Each structure stands twice: as structure tokens, then as C-alpha cells.
2 protein chains.
Amino acid sequence: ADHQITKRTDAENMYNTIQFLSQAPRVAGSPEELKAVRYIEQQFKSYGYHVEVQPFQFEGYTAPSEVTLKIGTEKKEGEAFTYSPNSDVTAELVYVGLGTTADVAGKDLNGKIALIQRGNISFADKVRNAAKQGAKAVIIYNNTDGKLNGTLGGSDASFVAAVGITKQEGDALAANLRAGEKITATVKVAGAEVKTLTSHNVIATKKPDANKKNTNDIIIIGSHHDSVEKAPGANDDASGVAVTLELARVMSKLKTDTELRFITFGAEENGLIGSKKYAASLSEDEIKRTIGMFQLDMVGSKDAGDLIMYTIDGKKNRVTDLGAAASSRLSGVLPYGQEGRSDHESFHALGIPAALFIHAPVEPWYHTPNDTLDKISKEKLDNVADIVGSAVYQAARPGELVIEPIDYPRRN
Amino acid sequence: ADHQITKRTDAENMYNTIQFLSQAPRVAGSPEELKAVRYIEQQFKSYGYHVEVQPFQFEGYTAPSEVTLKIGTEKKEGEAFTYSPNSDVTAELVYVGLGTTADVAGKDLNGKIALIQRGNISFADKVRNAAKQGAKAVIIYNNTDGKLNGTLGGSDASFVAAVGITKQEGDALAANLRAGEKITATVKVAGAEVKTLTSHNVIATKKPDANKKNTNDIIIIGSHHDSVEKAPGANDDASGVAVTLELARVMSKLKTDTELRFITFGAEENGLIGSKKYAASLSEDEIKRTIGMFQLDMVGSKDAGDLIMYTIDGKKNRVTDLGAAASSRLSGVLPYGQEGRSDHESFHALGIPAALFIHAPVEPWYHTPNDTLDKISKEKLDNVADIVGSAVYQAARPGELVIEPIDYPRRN
Ligand SMILES: CC(C)C[C@H](NC(=O)[C@@H](O)[C@H](N)Cc1ccccc1)C(=O)O
Ligand SMILES: CC(C)C[C@H](NC(=O)[C@@H](O)[C@H](N)Cc1ccccc1)C(=O)O
Ligand SMILES: [Zn+2]
Ligand SMILES: [Zn+2]
Ligand SMILES: [Zn+2]
Ligand SMILES: [Zn+2]
Ligand SMILES: [Zn+2]
Ligand SMILES: [Zn+2]
Ligand SMILES: [Zn+2]
Ligand SMILES: [Zn+2]
Ligand SMILES: [Zn+2]
Ligand SMILES: [Zn+2]
Ligand SMILES: [Zn+2]
Ligand SMILES: [Zn+2]
């Protein structure tokens, strides 16, 4: 049965899809994401699918044109968090630890700027905890090497301006504050705006066509079609879109007893928005009948590592059983592990068995301008398509699903 | 053609549905709403429909067990706004007008309680505007006669405790503050909680069955199946559920060229939550093909007035044209007007022509324990079902839709 998939997975199709998509970054809600949506829809229609396009609005952020941070009179290197409010505040700097509700209750922040150490709780909550105490701005300092870029997750008027700074620069400020120094800081953020944008999911469904053998089961194969600002997104996640399209073309050649939904999600990089909107469209019957959701994200880089399957809870489920079974016949041992950070989290949240397929450890080009077509491996793309497609077809081929026992290891 | 609908609308069916549903209030997310969902689903299945149940979560509120308001030492009559945070604050009372961002920028609120006059902006925004300035609680006073009950709309940690008081009691406090008095108040709200609840929409679809005459058009007929706390909800909105079910039974007897979706929405009284969740499930193709959405809310009270159609923008649209055309053949002149406040607002927001059918002015029993079966008129229910069903069938019967010109008046 695996031969029905492996003789048909065309790695030139997949590379051509990445080449098309990665001519420019596809930031969610932008004209280039809309172009991708149209392209994706056309490809599915070309394989014979009826396609639906689900729109959704979300709050986008335009990054501030000025980010001025000063300690006294010395200017410092500052990165505005995404969704940071504007500010122009000069005031006393107060160290409040990790910024928990505990950490901030005891201190006087009204009118002041909070210095807060990265860790434990969300950037969002650190900002809100300080702002609830009257902080006019928040400086968050790193837990680890290099710059602190990040996000408050979404628009929120409980926030006050929030800027991230190096562990080196913050550790030193925190030391001086602990030592009894009174420090004054300036936090000026200007030109940031929140604006409503519209993104989309592209959904192509193959109804079962096996007559008396047809089951009520559904399998979702997903990827996301947006990329981060300035990243061409060839691997993150044109690769997964390309495997999603290619497997829909392959399955169009075959009888199936299981409904397959091939989906590309919008606004993944914004916090899984499009898969949360698609999961919220499902009825209770659809949720109970969905036997697995396969998420393909970063599945073509020559510079990443071996394939792994990640689940939200680090437990095995039907999708990791099918991925391990297909790999054992095609490639070898396929490990699993625990990780979120992609659209499988939206389906796990409904109780649906779900896993992310990704090459790990990831390449250095992730979320950079160097995430480009010249890092793509056709052989990797083909191997992921053979494994994921054979895992899906193990259930979707006509006849009762059987999974034979197979050990496979958890890897961290 | 109208005779295919008017000979079949069974007012005993509709009254029996209200009698079943209104044995107790159906608060969204509660066991009684779940019972209604099951009942509704069963009835549609009994007419031959395939039914889907769309779940959705939302944040529910448990009302505080203590609401203590004092001006100095005198205790006052206070109503917590829905979604009010808890508090226990004794502090200076400061009049801040209507509570706009203007009204509050100039004053010193930090640690204090804001007195704010109802009007112009949402209760929610008045609370957030004051809280952004450091207010520890907000007292909002009425614009008009009687008690001030209301809602901050949804859960929100930007809020601080908010309680509503009479125009009489507030006008007097505002007068004294304007006159230079320094006033101290206490606002104590205790035992309020926000908890995640799950509600549902029930969706029954009749696919077109007219062969070569089939169109691509869709019509939605909606109502909501929840009611407010302590109200049995016979008219608000078991009445509309009963017309929705009855028209689905009627249309099951007839050939149609237009897809009909009969929907009962959950969590309407919480801010249209279920229809917003259902509208968000539609694809762009479904939205473009939906030629009208008919919302039935409060359509059976002996103690309300004549039928009217309300649109969000107070403009005529295809649904008010079809309602006016059917009425002109069945009953007489059917006026339209401008009003929101029901699930048609969720479809208008997508560009879909939508109108609410309701008897106006509404009865005195609205949102009370007296919204009960003994106020229901079978004749009214039958007339709404004849008019709405004939309006829908004017498009859904086989053959090209034709609407003949008809004047009908705007009424305020
Ligand atoms: C919640 C998401 C928006 C989180 C965001 N996700 C992404 O960037 C996804 O495109 C990444 N493909 C997720 C990822 C990266 C590296 C290893 C495993 C998983 C991330 O920061 O990783
Ligand atoms: C946004 C909604 C939750 C608003 C809420 N809506 C409701 O109570 C609906 O059940 C009412 N049926 C709406 C209504 C009442 C009177 C006249 C016209 C329309 C309301 O307060 O009217
Ligand atoms: Zn291969
Ligand atoms: Zn191949
Ligand atoms: Zn669009
Ligand atoms: Zn990705
Ligand atoms: Zn990414
Ligand atoms: Zn090789
Ligand atoms: Zn009649
Ligand atoms: Zn009748
Ligand atoms: Zn449920
Ligand atoms: Zn209602
Ligand atoms: Zn109501
Ligand atoms: Zn009569």
C-alpha cells in the first residue's frame, strides 16, 4: 500500500511550490499572503478539489518608528515588544523581579518604569501586572544570550509600553537597584499602531469514495502559509504547504474510505490565529470523528536535523502511531517529543489526536532573511511526503484501519 | 405559492415547543441550555434533517454575593455591572462627567472612586478610562428612570469594580461634588467570578432538491435558544425557536431551489456570542451566496405590538423586501425600522442582507420572570410563520426569484 504513495510523490512539484511562494515574505493579512491563498486555492482546484476559503479578522501591529531607551543620559539598545503601546516617559526605574502578582504588590510603581527579568510568566502578564500598579512603561531584560524580541501576544489596552533589553544590560541595572541606587530611565515608543487585518485559511476536502467500505472518520493534514516579516519563508512554512498540496494531488489518484481535509492556515506566526478560527468552525460530530491531525511545519531544510513528531503533551497518540508505523516501513525509527508552537496545538485543544512533523534541531535560517529556496532539500521534502502520506493512507485506504504494535522512542 | 406555507403552519406545534422550552430559564452555558440544544436537535432530526451542533466557549460571570455601596456612613442601593471585578475600597469620590478620555485626563483619580454619568460611550469604556487613571472603583449613575443594571460586555482585567445607581441618587452626588464638597465613598464587591462556559448553535440544512432549477443561493432563518437569568423565556426567544422549527418542518414538505439553513443560536443574551461564532465559520463563497438572513426574536406575545422588520442601518434590503412582499399578500403593510440587539447583527457585519422580525413595542414581560407561556398568542406565532415562511419561499420555491415593487414605510 505504501507504494501507492511513494511512487507518486513528486519532489519537483514541491520545490516549484516553494519557489513560487518564497519570492517574498508572506506576512499575515498582507497582499503577499493573499497571493499565496489564491495560489494554494488554484493548485488544489487543479487536482480536482472543491476548495473553501475561510476569512478571519485579527489585530495586526505596525512596529514603532522610534524606540528610544535611556538610563539617565546614556542611550541604550531597545527592542519594542510586538503590540507595545506608545509612550514618552522619564521616571524612576524600579526592579520588580520576575513581575508576578506577588513580585509587584509590595512596590510603589505609580508613575514609574518597571524593570523585569524574563522568565516563568508571559511577557504579556509581566506588563499587565506592572501596569495594574501604575507603571507607565516596562523594561524587560533577557534570560539568556542575545537580543530580546518577543510579543505581548495580541492587542491589549491594559498594556503600557514594553521594551526588551540584553541579559547583560539588565543584570547590571538589577544589581545596582538591589544595591540601593536610585536610577532614572526614559522609555519612548512612537508610531506603533494596531490595525484590523484579514487573513484566510484554504480548505480542500476529499470525500470518501469507497462505497460500502466508507467510514465516518476524518483526517486533517495542515500547514501554514504565512511567514514572519522579512523572511521569505521557504522552509517556514512553504515547505509544509508544498507537502500538503502534493499529498492532496497524490490522494486525488486513489480511492479512500476516510474524509481528508487538506488545509493551509493563515496567521500562524501571529499566534495560531487561523487554525484557532478553523477549529472553532467544527461541529461536535466533526470533532468526534476526526481521528488525527497531521501538521507539517519546516519539513524541507538541508540544514536542519532528522524528522521528529511533536505532541503538545509529549504523549503518543494515533497520529504518532501512524507516523511511526509508516516510518518503520520506509525510513527507520521515528522518534517523538513534546512541543507546541504550530497549528497542531489548535486541534489538541479540542481533544483531537495531533502531531507536528518537523526536522529538528531546526536550521539557523529560521525566521531570517536566509530562509530561502537555496536551503531546500528535495530529498527531505520527498521523504516527509512519503512518510506522512503513507501514515495517512494507512487509515485512508479502503478497509479497516490496523496499526501493528511498534516501539519508538521519546527524544528531548 | 403562499398557500404551500399557510396551509401547513401548525400553531399547536409552535405552542408545544414554547411550553417545553419555557419550563425554566435557559441561561447560556447552563444545563437548561444544553437540554434545549438537545430538544432542538431532536425536533429537526424528526422532520428529516441532518443536524450539526457547533460548540463554543465564552467567559460566563457569577454575580457577586455582596454589593455594598456607602456614601460616607450612609449605605446606598447598588447594582454590580455584569463582569465587574471584586473590590473593597473606601476613598474619595471624584465626579468625572461622562467618563470619556477627555473627561478623565484632567482629574486626579489614583486610589479614588470615579462617579460617572451614564451616556454616550459604553459602560465598559467608562470603567476602563477611569481605571487607566488609577480609579479603584467606578460608580455609574442612571440617565433615566429606575435601576441601572447593565454589563461591561465581557471579561476584562482592565476593569475595576463598577456599580450602577439611580439617576436621582447620582444627580445629587454630582451636584454636591460640583458645588465643592469633598465626599468619601465605599465600594465593596465580593464573590463575583468569571468562569469558562460552553454553549452551542444548532444548525439544520435543507439542500436544494429542484434539479436543473437549483440555484447557488443560501437563506438563513435564525433564532436564539438561551434566555436571561430568572426569565422562562417563552417569548424571548422560545417563540422564535418555535417558528424556526415549524418553518423547517413546513419546508421539509416542499421542493426548493435554494439552500435553507435553520439555526438556533446560543449565548445571544451574552452579546450575540453564538451567532458571531457561527458567522465566523462561513467561507467567503458561503457569505457571497447568502441572499438573506431572517432573525426571529420575540414573535409570539399577546402583549406586544404589531410586527416590524428591523435592520442595523435602517435601510431596506432583500430580506425586508421579501418580508414586505409576503406581508402585502397575507396581512397588510409591514413597516421597517433601525435596530440591532439580536443575531441579525452578526450577519449584517459580513455584508449579508439581514433583518429582525419582532412585535414592537415589546411587552412589559421582556427579561422578567413573567415572560411565560400564558402570554403567548398562537395567532401571532402563526402569522409570523406565514409571513416569514412565505417570504423565504418566495425565493426558495423552484424558479427564478422575482420581487415586485412594493412601498412600505419606515417607522420609528
Ligand atoms: C505560537 C507560535 C506563533 C509560535 C512561533 N511559531 C512558529 O514560529 C512556527 O512557525 C514554527 N515553525 C514553530 C517551531 C520552531 C522551531 C521548532 C519547533 C517549532 C514560535 O515562536 O515558535
Ligand atoms: C446585544 C444583545 C445581547 C442585546 C440584548 N438583546 C436581547 O435582549 C435580545 O434578546 C432582545 N430580543 C432584543 C430586543 C429587545 C427589545 C426590542 C428589540 C430587540 C438587549 O439588551 O436588548
Ligand atoms: Zn520517495
Ligand atoms: Zn517521490
Ligand atoms: Zn478575503
Ligand atoms: Zn512554521
Ligand atoms: Zn515560524
Ligand atoms: Zn541524498
Ligand atoms: Zn396562518
Ligand atoms: Zn397556520
Ligand atoms: Zn457540547
Ligand atoms: Zn431575544
Ligand atoms: Zn433578550
Ligand atoms: Zn384572533
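In this entry the chain letters A, B, ... are assigned according to the order of the sequence lines. Heads up, chain A uses the PDB entry numbers, so what you see runs 5-416. So for chain B, numbering is the PDB entry's, and the shown residues are 5-416, in order. Values below: every heavy atom of this structure, side chains too, minus hydrogens, waters and symmetry copies. For ligands, and for the atoms within them, numbers begin at 1 and follow the listed sequence.
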Ligand 2: drug: Bestatin
Chief binding partner for Bestatin (ligand 2) by contacts (from the PDB entry): Aminopeptidase
Chain letters near Bestatin (ligand 2) (heavy atom < 4.0 Å): B
N or O pair under 3.5 Å between B:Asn274 and Bestatin (ligand 2): no
Per-atom contacts, Bestatin (ligand 2) versus B:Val366 - under 4.0 Å to a heavy atom: 16 (C), 17 (C)
Nearest protein heavy atom with distance in Å, relative to atom 18 (C) of Bestatin (ligand 2): B:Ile362 CD1, 3.6 Å
Heteroatom proximity flag, B:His371 to Bestatin (ligand 2), N/O under 3.5 Å: yes
Closest protein heavy atom to atom 7 (C) of Bestatin (ligand 2), given as residue, atom name and distance to 0.1 Å: B:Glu273 OE1, 3.3 Å
Distance-only N or O hit between Bestatin (ligand 2) and B:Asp301, under 3.5 Å: yes
Subset of Bestatin (ligand 2) atoms that lie under 4.0 Å from at least one heavy atom of B:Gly275: 3 (C)
Identity and separation of the nearest protein heavy atom to atom 20 (C) of Bestatin (ligand 2): B:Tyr370 OH, 3.6 Å
Per atom 22 (O) of Bestatin (ligand 2), closest listed option by heavy atom (B:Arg345, B:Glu272, B:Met302): B:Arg345
Enumerated Bestatin (ligand 2) atoms positioned under 4.0 Å from heavy atoms of B:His228: 10 (O)
Bestatin (ligand 2) contact by B:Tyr314, heavy-atom criterion under 4.0 angstrom: no
